[PDB]
Amino acid sequence: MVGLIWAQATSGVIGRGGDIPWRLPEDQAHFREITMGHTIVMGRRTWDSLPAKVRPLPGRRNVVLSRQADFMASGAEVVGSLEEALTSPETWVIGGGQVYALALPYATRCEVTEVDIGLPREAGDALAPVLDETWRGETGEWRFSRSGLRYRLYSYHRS
Ligand SMILES: Nc1ncnc2c1ncn2[C@@H]1O[C@H](COP(=O)(O)OP(=O)(O)O)[C@@H](O)[C@H]1OP(=O)(O)O
Ligand SMILES: CC1(C)N=C(N)N=C(N)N1c1ccc(Cl)cc1
């Protein structure tokens with residue numbers, strides 16, 4: 001079970017300036033809920049952008065993809081090929097752009113959060129992985145977060 005999880009604006013933007021371009025505590029809780037107790041897979045650059053205080057993300061098997069054999073990722077494990085990361089009974093790829101792309105052909109599930117905000121793509125923006133017509137699933141109802149930011153959840157799957 002290889003899966004991809006991400007949160008995007010409507011336009012497909014999932015990150016800008018090194019930041020998630022919105023505040024959505026319901027997304028963080030959603031993310032935790034899907035991935036808790038399973039393996040998470042991230043690129044080295046993504047681990048590098050998490051505060052030392054927060055990494056590894058707790059209650060989950062943290063795997064970090066890197067070419068550097070000497071890479072220090074305390075509390076996590078480091079693998080040097082996509083094949084080796086995607087082993088466990090249930091894996092969620094959590095970022096970033098290179099790892100999303102890399103892992104796409106192996107994915108049979110996506111969990112997405114679409115956030116109702118109009119952010120036309122700009123050069124440099126991190127972008128959601130592109131879903132083709134092989135996918136099927138549920139595009140859920142719009143929902144107001146506590147702050148009044150609107151978001152909805154996709155739950156898609158394939159062979
Ligand atoms: N095919 C591959 N094999 C091994 N490591 C890879 C890989 N593709 C990407 N990576 C790692 O994953 C990193 C990318 O992580 P990321 O997906 O979080 O980056 P970004 O935020 O730019 O999309 C790459 O820099 C590379 O790490 P190192 O720079 O430490 O080598
Ligand atoms: C919190 C957030 C944005 N939310 C969802 N739905 N999916 C992810 N992969 N996330 C995410 C989690 C950890 C990291 Cl390092 C990056 C993005």
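Starting from 1, each residue takes its place in the sequence as its number. The analysis underlying the following values was restricted to heavy atoms, covering all of them including side chains, and did not include hydrogens, waters or symmetry mates. We count ligands from 1, going down the list as the structure has it; atoms in each ligand are counted the same way.
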Peer 1: Mind telling me the name of the drug at ligand 2?
Peer 2: cycloguanil
Peer 1: Write down the macromolecule with more contacts to cycloguanil (ligand 2) than any other chain, named per the PDB entry.
Peer 2: Dihydrofolate reductase
Peer 1: Suppose I only count heavy atoms of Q28 and a 4.0 Å limit; which atoms of cycloguanil (ligand 2) are within that range?
Peer 2: 1 (C)
Peer 1: Among all protein non-hydrogen atoms, which one is nearest to atom 10 (N) of cycloguanil (ligand 2), and what is the separation to 0.1 Å?
Peer 2: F31 CD1, 3.6 Å
Peer 1: If we set the cut-off at 4.0 Å for heavy atoms, which region of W6 has an atom near cycloguanil (ligand 2): side chain, backbone, both, or neither?
Peer 2: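 The part of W6 near cycloguanil (ligand 2) is the backbone, not the side chain.
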Peer 1: Using a strict 4.0 Å cut-off to heavy atoms of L50, name the atoms of cycloguanil (ligand 2) that fall inside it.
Peer 2: 15 (Cl)
Peer 1: Could you list which atoms of cycloguanil (ligand 2) come closer than 4.0 Å to a heavy atom of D27?
Peer 2: 1 (C), 2 (C), 3 (C), 4 (N), 5 (C), 6 (N)
Peer 1: What UniProt domain of chain A accounts for most of the contacts with cycloguanil (ligand 2)?
Peer 2: dhfr
Peer 1: How does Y100 reach cycloguanil (ligand 2), by side chain, by backbone, by both or by neither, if only non-hydrogen atoms under 4.0 Å count?
Peer 2: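 It is the side chain that gets close, since no backbone atom is under 4.0 Å.
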Peer 1: Among all protein non-hydrogen atoms, which one is nearest to atom 17 (C) of cycloguanil (ligand 2), and what is the separation to 0.1 Å?
Peer 2: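 Going atom by atom, the protein heavy atom closest to atom 17 (C) of cycloguanil (ligand 2) ends up being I94 O, 3.7 Å.
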Peer 1: Going by the order shown, which atoms of cycloguanil (ligand 2) are within less than 4.0 Å of some heavy atom of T113?
Peer 2: 6 (N)
Peer 1: Check each atom of cycloguanil (ligand 2) against the heavy atoms of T46 and keep those under 4.0 Å away; list them by number with element.
Peer 2: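 In order of numbering, the contacting atoms are 15 (Cl).
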Peer 1: Name the closest protein heavy atom to atom 9 (N) of cycloguanil (ligand 2), giving the residue it belongs to and the distance to 0.1 Å.
Peer 2: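 Nearest neighbour among protein heavy atoms for atom 9 (N) of cycloguanil (ligand 2), to 0.1 Å: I5 O, 3.0 Å.
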Peer 1: Which substrate binders in chain A, per UniProt, sit with a heavy atom less than 4.0 Å away from cycloguanil (ligand 2)?
Peer 2: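 Heavy-atom check against UniProt gives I5, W6, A7, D27, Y100, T113.
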Peer 1: Identify the binding-site residues of cycloguanil (ligand 2) at 4.0 Å, heavy atoms only.
Peer 2: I5, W6, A7, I20, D27, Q28, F31, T46, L50, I94, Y100, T113
Peer 1: List, pair by pair, the atoms of cycloguanil (ligand 2) and of the protein that are both N or O and lie under 3.5 Å apart, giving the separation rounded to 0.1 Å.
Peer 2:
{"from": "cycloguanil (ligand 2)", "atom 1": "4 (N)", "to": "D27", "atom 2": "OD1", "distance (Å)": "3.3"}
{"from": "cycloguanil (ligand 2)", "atom 1": "4 (N)", "to": "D27", "atom 2": "OD2", "distance (Å)": "2.7"}
{"from": "cycloguanil (ligand 2)", "atom 1": "6 (N)", "to": "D27", "atom 2": "OD1", "distance (Å)": "2.8"}
{"from": "cycloguanil (ligand 2)", "atom 1": "9 (N)", "to": "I5", "atom 2": "O", "distance (Å)": "3.0"}
{"from": "cycloguanil (ligand 2)", "atom 1": "9 (N)", "to": "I94", "atom 2": "O", "distance (Å)": "3.2"}

